[PDB]
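Chain A is the first sequence line, chain B the second, and so forth, proteins listed ahead of strands; every chain is numbered from 1. Order of listing sets the numbers, starting from 1, for every ligand and every atom in it. Heavy-atom basis, side chains included; hydrogens, waters and symmetry copies ignored. Partial entry; contacts are within-part only.
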Amino acid sequence: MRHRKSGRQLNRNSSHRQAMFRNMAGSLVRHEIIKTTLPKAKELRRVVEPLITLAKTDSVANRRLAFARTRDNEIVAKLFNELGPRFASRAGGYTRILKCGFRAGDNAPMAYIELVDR
Amino acid sequence: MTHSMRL
Amino acid sequence: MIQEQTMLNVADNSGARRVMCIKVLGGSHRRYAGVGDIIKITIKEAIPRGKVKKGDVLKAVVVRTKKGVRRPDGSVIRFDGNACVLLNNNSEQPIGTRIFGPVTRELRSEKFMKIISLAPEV
Amino acid sequence: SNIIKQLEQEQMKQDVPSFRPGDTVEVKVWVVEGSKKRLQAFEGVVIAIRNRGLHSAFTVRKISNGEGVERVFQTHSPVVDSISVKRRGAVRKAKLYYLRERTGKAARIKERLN
Amino acid sequence: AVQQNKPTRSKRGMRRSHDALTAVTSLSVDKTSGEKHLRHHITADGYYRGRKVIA
Amino acid sequence: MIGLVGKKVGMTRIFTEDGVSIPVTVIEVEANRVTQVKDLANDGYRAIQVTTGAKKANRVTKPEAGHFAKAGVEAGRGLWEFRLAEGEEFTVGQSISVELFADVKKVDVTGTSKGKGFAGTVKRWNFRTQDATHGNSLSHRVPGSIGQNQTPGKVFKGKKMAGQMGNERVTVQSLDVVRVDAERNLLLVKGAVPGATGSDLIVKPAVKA
RNA sequence: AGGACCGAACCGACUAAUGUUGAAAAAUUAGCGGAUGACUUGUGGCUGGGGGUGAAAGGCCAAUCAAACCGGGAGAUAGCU
RNA sequence: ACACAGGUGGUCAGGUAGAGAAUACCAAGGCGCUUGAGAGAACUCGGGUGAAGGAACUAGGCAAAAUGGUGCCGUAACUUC
RNA sequence: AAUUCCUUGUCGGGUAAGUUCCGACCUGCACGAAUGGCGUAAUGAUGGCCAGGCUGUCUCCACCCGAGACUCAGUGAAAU
RNA sequence: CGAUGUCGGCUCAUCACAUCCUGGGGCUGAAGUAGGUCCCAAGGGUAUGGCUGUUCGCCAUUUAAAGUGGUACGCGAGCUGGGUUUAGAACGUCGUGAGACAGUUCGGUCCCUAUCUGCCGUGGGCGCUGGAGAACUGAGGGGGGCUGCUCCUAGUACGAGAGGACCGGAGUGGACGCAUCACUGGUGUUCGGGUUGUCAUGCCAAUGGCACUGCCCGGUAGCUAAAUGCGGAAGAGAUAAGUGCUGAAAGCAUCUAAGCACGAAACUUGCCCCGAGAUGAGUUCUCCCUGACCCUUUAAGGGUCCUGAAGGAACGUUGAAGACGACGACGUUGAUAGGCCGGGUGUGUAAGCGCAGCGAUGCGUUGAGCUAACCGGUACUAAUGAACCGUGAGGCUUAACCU
Ligand SMILES: CC[C@H]1OC(=O)[C@H](C)[C@@H](O[C@H]2C[C@@](C)(OC)[C@@H](O)[C@H](C)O2)[C@H](C)[C@@H](O[C@@H]2O[C@H](C)C[C@H](N(C)C)[C@H]2O)[C@](C)(O)C[C@@H](C)C(=O)[C@H](C)[C@@H](O)[C@]1(C)O
């Protein structure tokens, strides 16, 4: 009955959820602003912010953990080279949600999730 | 099949 | 948590090697038996030279449980294997002389004091 | 919390020797039989430690005369008088329930020599 | 499963009394542009609270 | 005598030196200031009204702002009443701490229990689940039969069915007080009291003596 | 060698569950039986209604069988509703 | 009758592990099954785990759980040998 | 007894307890010798019974994972 | 008969009392213990198994007890389908036969998406006579009500002896219910680790995908029981059967006619929960509104401009609150959620580098690295200034008072 339980199921199983969050984290680090649905944007906050916190120290082990959680070497390159020195000052809150109407097809609540640089 | 039937 | 159809080992040397609970005595609709609890048993496997034979319906007292008894300290003592000491059907006194293995200090009371003054560990 | 942790740290015993599972540990516990109190040794293998502060416990498995006995001791209980580690074993799990499935030569474990 | 007799048009309208869609109370005005939008949403021209967010 | 309003702060255990461990619930009993006193001149029955805690000054409405600022007290969350059983007189603004529970021995704790949501008949009324096998068709945790036949022709009122479980007022009686802390304003009671951690409890001395 | 054995394709249909205004007017899922033979399958023929065919259940003969369907006697007849 | 979880004969048949056309993961190649978005109640379906007990369930161990491979050792009554 | 009414025949075995099962006895209401009698190794998705193992069948349910049910937008039936 | 689905089992019950237990009494061929029998009493309780399709019954073993009936022999739009009672096949028997058998045997499709009443929950509207926010009284309604055993009195009263109390007082259990996870556990497909097969990241090393979470080993928080606290009461009133006191009718006698007292788990309270839609709509406290005009059917009238107050709703962040509504916290004059930091917990000594080894691997760095839902903090991110609804002192009559 869900009393103090985090995480959204998002009408997927565990493997689909984890693969979908890995794809969305790749797209967000790549494009720096992506449009998505609202609860997927909140869960994507909880997924993509530890990767940026992992980029704050640049070593072989941390880059291997980032590769284990993104599986794209261009993503871990952009993380440890750009998002590391850029986000070095602020402590948490590397991302920003903005609601943008509703989807035309399924009336889904939309959102833009972006990084706090732009 | 004589189960519901009053037989 | 000895209920009926539970197969217990025998702690003393009355002759049985394996008994089965057929009734947990004391109280209507009682489900389980802890250490302090008399059970009615039948004897399923006996030694050929023993004091009791197979098919005897008599009483016993549980001395070891795999569920384990809880101390008032917050502790719990869980043995391995369930065991009982066989008693006289009416006299409530044990049948065999020596008692094998440990028992609990929860058992300390008159008839089971006669039991507990025979065991190696408590 | 701030109040619960405070009450429990004023409840907690100051000196308890830190051990790991696999360590052959002999616990001396208080035993009451009416007027007179006694101390009683329980020596066996630490198979499980549950660190929770005041609510810590540890399970010790000892083979008595034909039987296997497991005793869960609350660490900061007053009835535990002394904990002494007699042999230090070198398992690599934190829990050792396969010692419940084992017997004899299979239930022996290697010494640490850290 | 089935009805014993059909309901009236009166009992149909009483049932549909609770189906009225609520209107938005009022749209809020942006500070710079002046375009109406929902609260806590960006405008159609990508302004939120006086800041151009999307291109 | 009257009860005091506190907050459920977790559960722990204390070790008596005899060896026995007892589970206590810790109840933070803050200073309860009396806001309004009812008497049988105006009201027909005599009572006191207390508040405790604190609230934001911007989260207080002018009705309750004026009601607190009428007689000597400051803003706490909630207002409660106590029925003054024959021989207590309290001035408004009187701070009432936990010494009356330092004297007493048994206690009644009243709280709103944890809301288990829409529960079925098995969870709510301890119904017996039917057969899991041996032929059963879509009827494992269903409530069974709910009535007889043509002769009543209707379900009876108070028939135990599924519905809202939890989230209701529950009183637990005859809980022993094990320790009273006055410098921490704490109350250790033995056992378990209704509610989640942080929920507001009402603590009265025991009536079933 | 074998109407041998275990076991896929292939053929079947023993149990359970689901479906029962179905996804399906006979299925699905998970187990199940035979699987070199008295096997299975394609293509083409032949047997026809008191007739066929049947390792036989009154089974099958175009979702129809103690006498198929179509059309005609025919608006059979109905002390019955 | 449907853009219907059914049915429908032949040909080709790669890699690793495997006895294998089983099975697991892949290649060439082809698809994500023409409503989605949330939430994470009862109940239903399909599964996973379970203290102590172990058929006490029930018409009935139904359904599950268990067992499972290769090589060697050993193997009873009875027998149509 | 796939046959037996009376009937749960009576005795024995198996069970703490056995209208079923197994062995007997014959009182065969109403077996019986190719509409075959009595055996019988092997076989059986065959009927009954007992045992070991195994387990959520059960004591007595608990939690978790997914698909519906619930809410939102689109389309939109049926029995009666 | 243009259909009212059977026996048994399961699940859930509900009532009667012709009471099985518990409770109260009378008589006894009632010493005690234990009974028998009758009267009062329906608050609560009232087995598990073997056999059988069975209800029943027999049997084994308990219990304080193992009530008896009604409710379509309660209950299939709740489940089952063993039995009887479809189509197959056989036995005995009957029949020349087709076939038949309250005779047996083996096998045999149990549909329904709930409109209305009902019931369990949970909301919207309007009312309650100015509006609002709270806290309550409580009419009334519901839940609950079981009981064993041990010890003391006391081995006393009683009895030859064997035996052995009433009354009263504690303790400790069983079943049942409510609550909550501190403990002990379960779960923990969101945490850590091992490992098999294969594919990929160029390769090594390291990881990832898939194979039921691939198979497993532990396990945080939540939820939860088998875990652990609590409950059933005492008391009060009025009584039933019963026992009385005084007392005539009826010089006596008499519990009764006048009058008075006792007397049960039943009744009313006491305990707990809901509850002013209790339209008979209650009480208490606090807060908010103090402007002008015209018209007409000068009415508890309509309209226009100016003001929108307390508060509410909407929106957003959300919650040990929740199907949705609702409920609760917060909205920068800010710890509501995420992140971050520190800790805790869990798992078990990461990777890389170096050494020993031919190697698998071991050792050092190192109780390392990683850590979900937890804890204490921190405005880093998101909770926007507003707009919207709600008004502008609130009728008549009578009484009592105040200027
Ligand atoms: C798939 C769904 C099918 O229904 C079933 O399978 C159920 C399970 C049958 O029970 C089956 C199975 C069974 C055992 O009954 C459960 C059997 O007794 C009956 C004869 O057939 C039903 C209900 C029968 O009714 C019963 O008929 C009895 C003569 C009288 C009884 N009444 C007194 C109450 C009545 O409800 C009957 C005749 O088939 C109903 C007619 C209308 C139909 O033929 C319809 C088209 C059905 O086939 C069906 C809806 O498609």
| Which drug is recorded at ligand 1? | erythromycin
| Which chain forms the largest contact interface with erythromycin when counted as heavy-atom pairs under 4.5 Å, and how does the PDB entry name it? | 23S rRNA (2903-MER)
| task | Write down the other chains that contact erythromycin with heavy atoms under 4.0 Å. | result | B, G, J
| Which residues in other chains are near erythromycin, meaning a non-hydrogen atom under 4.0 Å away? | B:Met1, B:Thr2, B:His3, B:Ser4, B:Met5, G:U20, J:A3, J:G5, J:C110, J:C111
| said: Just wondering, where does the PDB say RNA chain J originated? | reply: Escherichia coli
| field | chain B: entry name | value | ermDL
